[PDB]
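Report on one structure; see the data block that follows.
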Number of protein chains: 2
Amino acid sequence: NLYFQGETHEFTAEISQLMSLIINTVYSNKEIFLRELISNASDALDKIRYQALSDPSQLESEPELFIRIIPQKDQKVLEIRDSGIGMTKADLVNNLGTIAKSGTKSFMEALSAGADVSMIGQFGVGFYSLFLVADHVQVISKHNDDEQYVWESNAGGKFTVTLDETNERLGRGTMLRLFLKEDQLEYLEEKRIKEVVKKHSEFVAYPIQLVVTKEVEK
Amino acid sequence: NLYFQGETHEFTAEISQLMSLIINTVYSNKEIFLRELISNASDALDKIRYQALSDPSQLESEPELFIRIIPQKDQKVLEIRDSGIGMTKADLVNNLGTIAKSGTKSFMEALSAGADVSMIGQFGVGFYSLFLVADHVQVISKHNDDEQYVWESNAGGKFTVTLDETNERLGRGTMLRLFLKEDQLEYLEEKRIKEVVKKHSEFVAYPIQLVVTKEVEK
Ligand SMILES: CCNC(=O)c1noc(-c2cc(C(C)C)c(O)cc2O)c1-c1ccc(CN2CCOCC2)cc1
Ligand SMILES: CCNC(=O)c1noc(-c2cc(C(C)C)c(O)cc2O)c1-c1ccc(CN2CCOCC2)cc1
């Protein structure tokens, strides 16, 4: 019996470590990670927007279309949430598999031809750019036709997409939870986040909301 | 400027994690790791034996040719030492790079064609079979023409081959230090090691020594 034929998703976490090494060596300015996450959220928002055009009940799970950035300073986590179409369990497996396969292609090309700062133009590298600032990621998603699921890059053992009985309920859409590297904590600060959004995501056609909790120093 | 072209050694640790996942799924019986380590030691012993044939001073750094297995129960480490030719710093870099490149080939083939228990016949898979029982490895080596060097698969950060100012002095040769998985501690036991050596390494033409420290229970 044969194992792993075509089963690239089984290696998603390992392939991400290869891509993290490449992309962090190539890009010293990490801030483009946020552009890429917002662009992927925008695409998922377009999908629900067009489906709901002929079937508005699809919006009732989360009637507003938005992208929402929530720094969690105590946890050193940056959360990016959208109310896009979301992913069923099978969608999440299939999308991670495609992302993983594109990573193998980008990694093999780096070895054969070398990598430079144009690599951000390659399919899938936008996802891996989250590892410019994060050492670990949780991808949480809720599609109208399925339950809430989560994939954790740091989960020990076999690749798994787990029924989410732990995180807050998304009504619909996707949240990436970025566990930031100790040298990239600037991206938990409101001023820095706003600078990066205005610089790189001006033409995104959805509201980008920033949720900031701070103790009042008295 | 281009990064990583041909620099497969830079990914040795990440490629090993891919190979570890494949080989542990394919092989439920882990014991062949020892056959493969002994076979690589035997090859390095042949090289010093033939060089010393015309230049016996090469043996003076370690005059006996042997393979030596040392369980370190307290550390959950199994050490395999040989008095082979050893590797200079550049040899260790070059051999890890070749091993890493063969891993990329085996991993891509597993995805395209599937992997089965014949994969042990592929170039380089013998090295990766150490991850049947170990989660981490240190490769320590001393060649007559260089200082003692070490590579650590679990060392954080950039691939590096470090001048060894920590471990015991090898006079000449190579030691792999295997940090065993919690479910593979049977391979620290003398009875088990001896069974595996007799079964799989009968035709190795060097003495295989086993060094066992035990408290006398009184
Ligand atoms: C069944 C259809 N479902 C979706 O399209 C969907 N729902 O949520 C998606 C998001 C995925 C990501 C990461 C995992 C790529 C987000 O960061 C944000 C999302 O909303 C998401 C999505 C899926 C794929 C893509 C496009 N690819 C292109 C190649 O790599 C990155 C993503 C963009 C968004
Ligand atoms: C400059 C020449 N130096 C040597 O040949 C040498 N010295 O020490 C060697 C050992 C390497 C390993 C691992 C890292 C492969 C050992 O386990 C034991 C050795 O003695 C070693 C060696 C190097 C290469 C090989 C053969 N390859 C074949 C493909 O993968 C495994 C190793 C076998 C042994």
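Heads up: chain A is whatever sequence line comes first, chain B the next one, etc. Residue numbering for chain A follows the PDB entry, covering 1-218 in order. Heads up, chain B uses the PDB entry numbers, so what you see runs 1-218. Atoms within a ligand are numbered from 1 in the order they appear, just like the ligands themselves. Side chains are part of it too, since the values below use all heavy atoms of this structure and drop only hydrogens, waters and symmetry mates.
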Mind checking which chain ligand 2 touches most? I'd like its name from UniProt.
Heat shock protein 90 homolog
Tell me the drug found at ligand 2.
NVP-AUY922
Chains in contact with NVP-AUY922 (ligand 2) (heavy atoms under 4.0 Å):
B
So for NVP-AUY922 (ligand 2), is B:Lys47 a polar contact partner (N or O within less than 3.5 Å, distance only)?
yes
Within-shell test, B:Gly126 vs NVP-AUY922 (ligand 2), heavy atom, strictly < 4.0 Å
no
Are there protein heavy-atom neighbours of atom 23 (C) of NVP-AUY922 (ligand 2) below 4.0 Å?
yes
At what residue and atom is a covalent bond to NVP-AUY922 (ligand 2) recorded in the entry?
none
Any idea which protein heavy atom is nearest atom 19 (C) of NVP-AUY922 (ligand 2), and the distance to it?
B:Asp82 OD2, 3.5 Å
Report the part of B:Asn95 (side chain from C-beta onward, or backbone N, CA, C, O) that has a heavy atom under 4.0 Å from NVP-AUY922 (ligand 2); answer both or neither where that applies.
side chain
Protein heavy atom at shortest distance from atom 13 (C) of NVP-AUY922 (ligand 2):
B:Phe127 CD1, 4.1 Å
Relative to NVP-AUY922 (ligand 2), is B:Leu45 under 4.0 angstrom through side chain, backbone, both or neither, heavy atoms considered?
neither
Heavy-atom distance from atom 27 (N) of NVP-AUY922 (ligand 2) to the protein below 4.0 Å?
no
In the protein, which heavy atom is nearest to atom 29 (C) of NVP-AUY922 (ligand 2), and how far is it?
B:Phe123 CZ, 3.3 Å
Taking the minimum heavy-atom distance to atom 15 (C) of NVP-AUY922 (ligand 2), which of B:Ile85, B:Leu37, B:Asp145, B:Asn40 ranks first?
B:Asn40
Binding-site residues: NVP-AUY922 (ligand 2), 4.0 Å heavy-atom cut-off:
B:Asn40, B:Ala41, B:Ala44, B:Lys47, B:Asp82, B:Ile85, B:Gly86, B:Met87, B:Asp91, B:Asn95, B:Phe123, B:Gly124, B:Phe127, B:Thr174, B:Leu176
